[PDB]
There are 2 protein chains.
Amino acid sequence: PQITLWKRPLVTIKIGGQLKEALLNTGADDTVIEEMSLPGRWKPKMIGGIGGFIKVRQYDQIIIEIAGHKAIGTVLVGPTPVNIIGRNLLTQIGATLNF
Amino acid sequence: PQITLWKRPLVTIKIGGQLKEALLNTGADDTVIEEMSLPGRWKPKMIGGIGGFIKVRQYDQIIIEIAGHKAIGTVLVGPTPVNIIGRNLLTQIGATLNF
Ligand SMILES: CC(C)CN(C[C@@H](O)[C@H](Cc1ccccc1)NC(=O)O[C@H]1CO[C@H]2OCC[C@H]21)S(=O)(=O)c1ccc(N)cc1
Ligand SMILES: [Cl-]
Ligand code: NA
C-alpha cells in the first residue's frame, strides 16, 4: 500500500488471535499496545513520550500481523492513548517514508 | 527521497529563520517544535501522548522548509522533548508510507 497522511494511518493488527486497530507511527521507536494479556515473561522498560516517561511491560518475540503483514518482535504493553506500531515492526513489514 | 526506518527519520527544517532537526512523525496530527519565538497571533492548546499532556502555543499559517520542501500550516510550540513534523505538514510535502 501507499498510505497518504490526510487521515490517521490506522490499520488492523492481529495479536493473540484478536483484531485491534493501531497507528503506523514513524515517530515511535517501539510498538506500544494497550493493556492486554501476552504470553511468556516480560522485562521492564521506560519510554519517554510527549508528556514524560512511563513504565511499560516489554514482551519479546511476539507474533503480530500488521495490515496483513507478518511480524515477530518486541511489543510494549502500557497506558498508551492509542495502539502504536513503531519502527521496530515497521521495518519488518518493509515500510518506508517517501516524498 | 525514500527514507528507511532503521533509524529515526530526522530531517533538517527551517522555521522562523532558524535551522532545526526534526522527526518525521506519522503518529502526530500536528507539528510541535521546542520553545522558540514565532511571529503573529497564537492561542493556547493542550496536547497529549504517552506520559500525558503539555501546554503549547498554537500559531497558524507558519511557513516551514522541510528537507527542502516548503509548506505552510499550524505549528505548536512548547516543551516537547523532540521537534516533530506531524501529518498536517507531511501531507503538504506529499509524504506517504509505503509497504
Ligand atoms: C503517542 C502518539 C499517539 C502521539 N505523539 C507522537 C509520537 O510519534 C511520539 C513522538 C515523540 C518522540 C520522542 C519523544 C517524544 C515524542 N512518539 C512516542 O511517544 O514514541 C514512544 C514509543 O517509542 C519511543 O520512541 C519515541 C518515544 C517513545 S505525541 O508526541 O504524543 C503528540 C500529540 C499531539 C501532537 N500534535 C504531537 C505529538
Ligand atoms: Cl495526496
Ligand atoms: Na499566524
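Lettering of chains follows the sequences in order, A, B, ..., and the numbering in each one begins at 1. All ligand and atom numbering here is 1-based and tracks the order in the structure. All values below were derived from every heavy atom in this structure, side-chain atoms included, with hydrogens, water molecules and symmetry-related copies excluded.
Found at ligand 1 is the drug darunavir. Of the chains in this structure, the chief binding partner of darunavir is, as the PDB entry puts it, Protease (Retropepsin). The letters of other chains with a heavy atom under 4.0 Å from darunavir are A, B.
Site of darunavir with heavy atoms closer than 4.0 Å: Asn25(A), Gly27(A), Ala28(A), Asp29(A), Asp30(A), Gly48(A), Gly49(A), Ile50(A), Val82(A), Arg8(B), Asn25(B), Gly27(B), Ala28(B), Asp30(B), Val32(B), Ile47(B), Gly48(B), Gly49(B), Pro81(B), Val82(B), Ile84(B). Protein heavy atom at the shortest distance from atom 28 (C) of darunavir is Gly48(A) O, 3.3 Å.
Closest to atom 6 (C) of darunavir, if we only count protein heavy atoms, is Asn25(B) ND2, 3.2 Å. Between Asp29(B) and darunavir, a contact under 3.5 Å exists for no N or O pair.
Against a heavy-atom cut-off of under 4.0 Å, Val82(B) is close to the following atoms of darunavir: 13 (C), 14 (C). Scanning all protein heavy atoms for the shortest distance to atom 29 (S) of darunavir gives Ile50(A) CB, 3.7 Å. Near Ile84(B), with a cut-off below 4.0 Å to any heavy atom, the atoms of darunavir are 10 (C), 11 (C), 30 (O).
Remark: darunavir and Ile47(B) share no N or O pair separated by less than 3.5 Å (distance only, no angle test).
Taking atom 15 (C) of darunavir as the reference point, the nearest protein heavy-atom neighbour is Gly49(A) C, 3.5 Å.
With hydrogens left out, the protein atom closest to atom 17 (N) of darunavir is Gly27(A) O, 3.0 Å, a heavy atom. For darunavir, the atoms closer than 4.0 angstrom to any heavy atom of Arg8(B) are 26 (C). Looking from atom 37 (C) of darunavir to the surrounding protein, the closest heavy atom is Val32(B) CG2, 3.4 Å.
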